[PDB]
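For the single chain, residues carry numbers from 1 onward in sequence order. Just the heavy atoms: all of them, side chains too, but no hydrogens, waters or symmetry mates, feed the values below. Recorded method for this deposit: X-ray crystallography, 1.8 Å. Order of appearance sets the numbers: ligands from 1, and atoms from 1 within every ligand.
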Amino acid sequence: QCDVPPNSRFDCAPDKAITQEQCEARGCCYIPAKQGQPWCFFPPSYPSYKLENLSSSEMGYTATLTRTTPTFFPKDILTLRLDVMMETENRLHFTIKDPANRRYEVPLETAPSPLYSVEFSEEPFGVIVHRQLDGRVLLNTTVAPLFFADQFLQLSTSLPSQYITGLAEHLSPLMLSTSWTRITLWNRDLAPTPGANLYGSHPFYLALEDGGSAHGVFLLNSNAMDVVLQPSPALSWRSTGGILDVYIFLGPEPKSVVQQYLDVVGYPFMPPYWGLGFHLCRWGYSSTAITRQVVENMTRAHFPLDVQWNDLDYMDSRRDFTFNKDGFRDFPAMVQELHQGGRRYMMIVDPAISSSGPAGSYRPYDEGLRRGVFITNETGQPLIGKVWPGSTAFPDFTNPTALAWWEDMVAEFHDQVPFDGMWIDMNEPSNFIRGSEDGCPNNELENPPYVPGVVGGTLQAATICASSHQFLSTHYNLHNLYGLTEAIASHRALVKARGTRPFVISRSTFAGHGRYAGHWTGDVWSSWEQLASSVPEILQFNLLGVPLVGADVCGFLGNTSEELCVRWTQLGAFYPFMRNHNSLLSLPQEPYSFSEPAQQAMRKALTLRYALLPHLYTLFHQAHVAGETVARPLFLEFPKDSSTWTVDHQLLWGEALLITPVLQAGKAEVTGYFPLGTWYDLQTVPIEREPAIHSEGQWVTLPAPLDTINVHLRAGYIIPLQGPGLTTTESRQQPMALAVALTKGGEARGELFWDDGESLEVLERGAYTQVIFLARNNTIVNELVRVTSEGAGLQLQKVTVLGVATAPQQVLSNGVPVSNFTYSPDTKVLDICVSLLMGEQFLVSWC
Ligand SMILES: *[C@@H]1O[C@H](CO)[C@@H](O[C@@H]2O[C@H](CO)[C@@H](O[C@@H]3O[C@H](CO)[C@@H](O)[C@H](O[C@H]4O[C@H](CO)[C@@H](O)[C@H](O)[C@@H]4O)[C@@H]3O)[C@H](O)[C@H]2NC(C)=O)[C@H](O)[C@H]1NC(C)=O
Ligand SMILES: *[C@@H]1O[C@H](CO)[C@@H](O[C@@H]2O[C@H](CO)[C@@H](O[C@@H]3O[C@H](CO)[C@@H](O)[C@H](O)[C@@H]3O)[C@H](O)[C@H]2NC(C)=O)[C@H](O)[C@H]1NC(C)=O
Ligand SMILES: *[C@@H]1O[C@H](CO[C@@H]2O[C@@H](C)[C@@H](O)[C@@H](O)[C@@H]2O)[C@@H](O[C@@H]2O[C@H](CO)[C@@H](O)[C@H](O)[C@H]2NC(C)=O)[C@H](O)[C@H]1NC(C)=O
Ligand SMILES: *[C@@H]1O[C@H](CO[C@@H]2O[C@@H](C)[C@@H](O)[C@@H](O)[C@@H]2O)[C@@H](O[C@@H]2O[C@H](CO)[C@@H](O)[C@H](O)[C@H]2NC(C)=O)[C@H](O)[C@H]1NC(C)=O
Ligand SMILES: *[C@@H]1O[C@H](CO)[C@@H](O[C@@H]2O[C@H](CO)[C@@H](O)[C@H](O)[C@H]2NC(C)=O)[C@H](O)[C@H]1NC(C)=O
Ligand SMILES: CC(=O)N[C@@H](CS)C(=O)O
Ligand SMILES: CC(=O)N[C@@H](CS)C(=O)O
Ligand SMILES: [Cl-]
Ligand SMILES: [Cl-]
């Protein structure tokens, strides 16, 4: 009965240190490890639930689950209801609930055969999900008991392989370790470090299968939870409340798994085009005069900058919706001037509202109080904590009245200072004291029977009381949604205030966040280690449907070095969200603050990003319309090549651009993985060392001096580019170009999506142009999928073709010889000057 292999032992003492006698008294097996692995574990006979009265309907199945022997947790729910819904060919959904009592549930809006089959074990109860095509077992919950107590749910499964990704937010390789790893989801203000619950929680994983297929599992539960991985391999979800509400996504391709997950939680929002430009911020731009010098200094040194930011500096006494009349007396004029020059403006907004001012002196608090917008305590008064301005109350973003109040405060402030988006910080919610100024009461929510592995060992640490009251439920159930709910409220507030697409960047997140907002990875150190760790983290958030993500370029905490900031700017120019931000006590790190050689390398990185913006924007359109990733790991694009599975220090933009950064000090080369095919060096395309890597699926060492980042373009792909500007207001007016990467057989395909860059409801109203580009048999053409006023007058003036094996004697554009072209026999590049329009059918040819 106790003859269970070490790797397959499921912990029967997750709640406390246990002796052999207590372990055995629980009905469990005691076998010490020989050197983590639990010593006390469940035998196969440990009491679980029994399935009874299984029945079928058009939707799927229903059954009763009954537990006869209590567990060691209090308040087992002995009778449960199972509902299995076979929702689509790719999506299976099941719930386990208490039929006698409504329990907390997360607020979320909703040959021919499915890819899955589902079977059940009777006693002990289990759900078993097979992939139909190959019979692989994807889910099998029979592997361990089902626990379902009021404040402890546990469901386990075998995993199909040792390769699993997801379960943000943590500082970790992209592929998670199955070596007895406890992953804790409890939103927490902590500078990113390994082994810790960070700012967000995403209870989703994607599991790879031998041969390159994959599936995903989403547990729709927002309670504090641990997810425990062991090397058998297997996983246990361990939550402190709510219900088991489980979605399984069948793929089979990893890209399809992500799309299927996003079909449930929401496709990524479409950012405004300007949001893809460079953003620059620090804590410490302490006046409008200083802030203005930033733009002046960037401009003088020819560095693009679309958006100027401020941190708390602008506020009056660190309070939302105010500005001080010392250094920021002329804040409105500063922002108006930014707009006059074609730039946008962003500033920090905190959730917590100063509660200490004289009554009637601070409208956000006075109005919030009147309307009852705040989270309240046991006696019904606002819970008061401590954040930047001192004593503060916390808005309840599940309360409709709070949503209306937030809209009003944002609109009123925007009437004074016309900011263009909101940077929402401190929204875990972060509290500088434990729980509240008045502590927290002693009850089961504050002192639960199972506390997940949170930093500080309590759910109150660095946040507010768990038993505090919100409109929908207690904070205990809603905590992991705090940031998400603020992001939703802010998205709506910005739509109403400005009437164009919102731009919200949030610290705290939950599953589905990307439908409303972007993310940055928080208070990272200026270290080579954190530069490297930013790659898997940005990739992870893309898999989780938050493609608008980045880290603070050059790092936030501490002092950066010139070398680190060159490499971080190079890599960071490929973050889908690119912002350099810096702490109050740090040395300056704006691009213009470095030596001339470093400035040149930083300028090159920004210039290349700006040239790529039409392509990056098209990638965001694909994310928004089809649930695609923007920055993606090699394994998403080449899953059948298992050498890609562990690669997380390279990234792709979409299908075709492979970026291989230097991520260590003192390196003048880098070794990266190249999937089978021809990869052209993007440096062979003119913008205002072998030319091609011919890979069989192999590691390649590349030169990478300080001034260089390696970027390669996949053969078979065409990328749209646009001319330069210090802002997108300027760059969007420039002529465009194509880079055409030919296969050996002369083929390539690409596309361009173009709209006005900021309007709402573009796809619904059809207010966009969409063009496909095709290379074949020594010709390049466009195909006009949709042409509207938005895309009219887009000038195509340059076409660069990579992999042209022999010099052409003539090059034609719509049947007439071009004004000129160049061919380089060494690089195999044909560069062609043309006078064409993206929105009018053309034919370019050569021979
Ligand atoms: C729910 O939240 C509300 C706030 O919205 C919170 O109100 C706070 O209650 C405490 C008392 O529990 C108040 O503190 C008092 O303040 C007065 C005047 O400033 C003092 O005179 C009081 O002193 C007493 O306690 C001292 C102990 O150190 C004794 O030495 C002294 O002799 C007095 O007996 C005391 O500090 C606080 O002012 C309010 N806060 C606000 C903003 O009004 C309430 O407690 C919360 N409820 C729960 C159950 O947590
Ligand atoms: C899903 O997981 C469950 C639980 O791990 C698997 O069921 C278990 O399978 C093992 C191995 O087949 C069974 O043990 C074997 O039992 C036979 C007969 O008693 C014995 O001759 C062998 O020596 C061995 O011990 C075990 O009984 C069984 N447990 C239960 C509760 O059924 C199951 O195989 C997995 N399902 C799938 C489809 O993979
Ligand atoms: C499993 O179901 C049986 C039968 O339930 C009946 O048929 C169902 C389709 C539905 O229409 C029910 O409303 C019916 O009662 C349950 O056995 C019955 O239990 C009731 C109450 O205890 C008793 O009056 C009947 O005599 C029982 N009928 C039979 C045929 O045994 C049984 O309790 C269910 N099991 C569980 C764990 O819920
Ligand atoms: C980051 O650096 C600051 C400032 O460093 C100084 O100025 C630079 C130009 C360079 O010349 C450094 O070598 C200098 O030390 C640090 O702040 C200083 O800290 C020291 C030591 O604690 C203190 O004596 C100084 O007064 C501080 N000066 C200022 C202007 O703040 C800061 O400590 C560094 N941060 C970290 C994490 O190391
Ligand atoms: C913008 O650039 C100006 C000029 O380079 C900076 O002003 C100089 O700052 C240095 C400190 O390194 C001082 O020693 C000089 O006295 C300043 N020169 C002038 C002409 O003012 C300025 O600090 C930069 N501002 C920002 C916000 O980066
Ligand atoms: C076009 C321009 O110069 N300014 C615009 C975009 S910043 C504006 O006033 O909002
Ligand atoms: C941590 C890791 O796997 N790689 C690091 C150091 S080896 C890097 O890319 O620089
Ligand atoms: Cl012991
Ligand atoms: Cl509830």
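Looking only at contacts, the largest set of contacts to ligand 7 comes from what the PDB entry names Lysosomal alpha-glucosidase. Checking ligand 7 against CX516, N-acetylcysteine, ethyl 3-aminobenzoate, the answer is N-acetylcysteine. Distance from atom 7 (S) of N-acetylcysteine (ligand 7) to its nearest protein heavy atom, with residue and atom name: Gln664 NE2, 4.8 Å. The single protein non-hydrogen atom nearest to atom 1 (C) of N-acetylcysteine (ligand 7) is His649 CE1, 4.4 Å, given as residue, atom name and distance. At the heavy-atom level, UniProt-annotated substrate binders of chain A within 4.0 Å of N-acetylcysteine (ligand 7) are absent. Put simply, atom 3 (O) of N-acetylcysteine (ligand 7) has protein non-hydrogen atoms near it, under 4.0 Å away. With non-hydrogen distances under 4.0 Å, the site around N-acetylcysteine (ligand 7) consists of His649, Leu663, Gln664.
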